[PDB]
Amino acid sequence: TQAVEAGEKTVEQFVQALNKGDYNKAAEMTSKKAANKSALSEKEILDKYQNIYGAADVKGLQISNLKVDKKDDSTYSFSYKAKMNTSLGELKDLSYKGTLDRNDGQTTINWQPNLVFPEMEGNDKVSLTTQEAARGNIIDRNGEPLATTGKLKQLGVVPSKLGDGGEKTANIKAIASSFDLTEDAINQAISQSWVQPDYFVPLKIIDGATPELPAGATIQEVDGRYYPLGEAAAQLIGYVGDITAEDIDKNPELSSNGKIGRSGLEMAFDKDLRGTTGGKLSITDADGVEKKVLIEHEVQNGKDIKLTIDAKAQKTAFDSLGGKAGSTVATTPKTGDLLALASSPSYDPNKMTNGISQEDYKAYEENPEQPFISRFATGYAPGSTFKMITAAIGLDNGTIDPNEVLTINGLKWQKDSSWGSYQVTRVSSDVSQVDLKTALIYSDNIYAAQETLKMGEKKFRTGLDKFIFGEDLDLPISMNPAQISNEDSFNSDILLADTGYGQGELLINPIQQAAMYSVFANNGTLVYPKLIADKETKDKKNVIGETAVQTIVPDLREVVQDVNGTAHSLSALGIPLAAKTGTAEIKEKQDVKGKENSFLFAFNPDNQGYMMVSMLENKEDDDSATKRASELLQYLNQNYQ
Ligand SMILES: *C(=O)[C@@H](NC(=O)Cc1ccccc1)[C@@H]1N[C@@H](C(=O)O)C(C)(C)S1
């Protein structure tokens, strides 16, 4: 019993070395090679575990129900149950048996082939057959493909079928101008270290009709992931890349020959899309004939994922951004169906997944406008659009009377001289008697600032805490919860007023904005947005009063219909619109000289069919989200009542 304690420790140390992948330490715990002792030397045990466990990608060896007895002055037997993870799943309920050896002072293990796998005897071999699973598709709300696997034609050249130095240099220029490729880059491709004369060096993937093939140009059909919308949904969908050896070490169920989602929904739904590897893990005898099947199951393809996205709305929303920095979110506000999640500028997902040069990839990362950012999931200051919420809160707690006129003379105002040089600014001084309808049409920041200070921080945060601030939305998109300020108290009348017109320490991403503003399409009920089609419509009752909704929405119509409304350019559509524009100022967020973001909110006040929140980040002069909304508003109005 004094030595049985060391035997149970030796078996525990041996399993840990196998689990940790250090087969040399596990082999050094075995006795000398002899009959009725260890069956192989330390190096022979190392090369057998490295072969068998390495082939099946064994990871996470865990044991239980250990028992170590005695049988002689040196023969102590042990037994335990174990489970392990392989390329074909978990191998559980394994019965292991063996004997330890207590000689001299230390206790070792009489190694046997049955300690690799239970029923292995002598010179038995192990074989592994696998069949890769087909990756599932990502489809929109009407079944249109957003991410699928198809047969893409690949362009490539064979250096031997080119020329001889003089005739070769002519076809390189001929094959470069007929496919829009840099002639200096084609020579770069056939100059890689892996290239041989009679090899097919791939160049690009033709996404259309195949032109004329010069001397040495060949087209080979290959299978790969394809994104029909390309840039228009690259941030949302993402891309898949080659699976590396480090990916297999973290999850051996992955197919070494397959693709893995690197970003977007391809990565978020990688498990459901990649399926399960089929095949058989069996123990053969010395000749190679099967004698024991450890694991076997049929290949299961990946499940399709159906989104609430409208492909025609996703493409239109992205194209309307004209390559500028910004994003657009379109929802059906009564249910929360995310119709479009566009972010601009964007990258080419087909280029990323079908091989891309380190220059084009560095161009994406060195781009100042940062196309890799999912801007619909990035928090921004809401802008003057937030005045809708501030007004609704003031109407609910009785601070704001819709017909009461505040006297606002000039273009600047401050509470007292304690504000120093800071003054809430105004765009027009033509209306000195300002009511709620006037303040929403002209976007009067002074009105919102005075009513917020009159409301007070306590009453303002009471209505704000009824929204989704600090909540993690149940969406497969990585985002941080919205915030009112950095701390739980403004501790500043200036910050309280700035938050009043949506320009304080507020941080709300476009998706969360569409969630908050949905109260104006559901009589004060907040409807959470959903991206997966089969999910249930979750809402939140009594966020703002229905009395406030029936007061603000008529004024939001006037933001479009009134001749001095900030969204009057949208009245050309001739459709029922309720809108609220916004322009936020960001001063040296990193460091600059003054950048401003443009915002637009709009929805149908008659049928509540659609809702839209578009924005431009670091906008150019005379550019805005309202300028670019006619096309998307037209489509959403006709197709979503
Ligand atoms: C809300 O966002 C308000 N914006 C400002 O006070 C900042 C600003 C930025 C550029 C020029 C002037 C003022 C108001 N809303 C916007 C808008 O709705 O477009 C206005 C420009 C009307 S000021």
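Residues: numbered from 1 along the sequence shown. Only this structure's heavy atoms are used, side chains among them; waters, hydrogens and symmetry mates stay out. We count ligands from 1, going down the list as the structure has it; atoms in each ligand are counted the same way.
- Going by the PDB entry, the chain with the most contacts to ligand 1 here is Penicillin binding protein 5.
- Found at ligand 1 is the drug benzylpenicillin (bound form).
- Per the PDB record, the organism listed against chain A is Enterococcus faecium.
- In this PDB entry, the covalent tether of benzylpenicillin (bound form) is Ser384 OG.
- Neighbouring residues of benzylpenicillin (bound form) under 4.0 Å (non-hydrogen atoms) are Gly383, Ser384, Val427, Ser443, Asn445, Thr566, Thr581, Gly582, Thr583, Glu585, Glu596.
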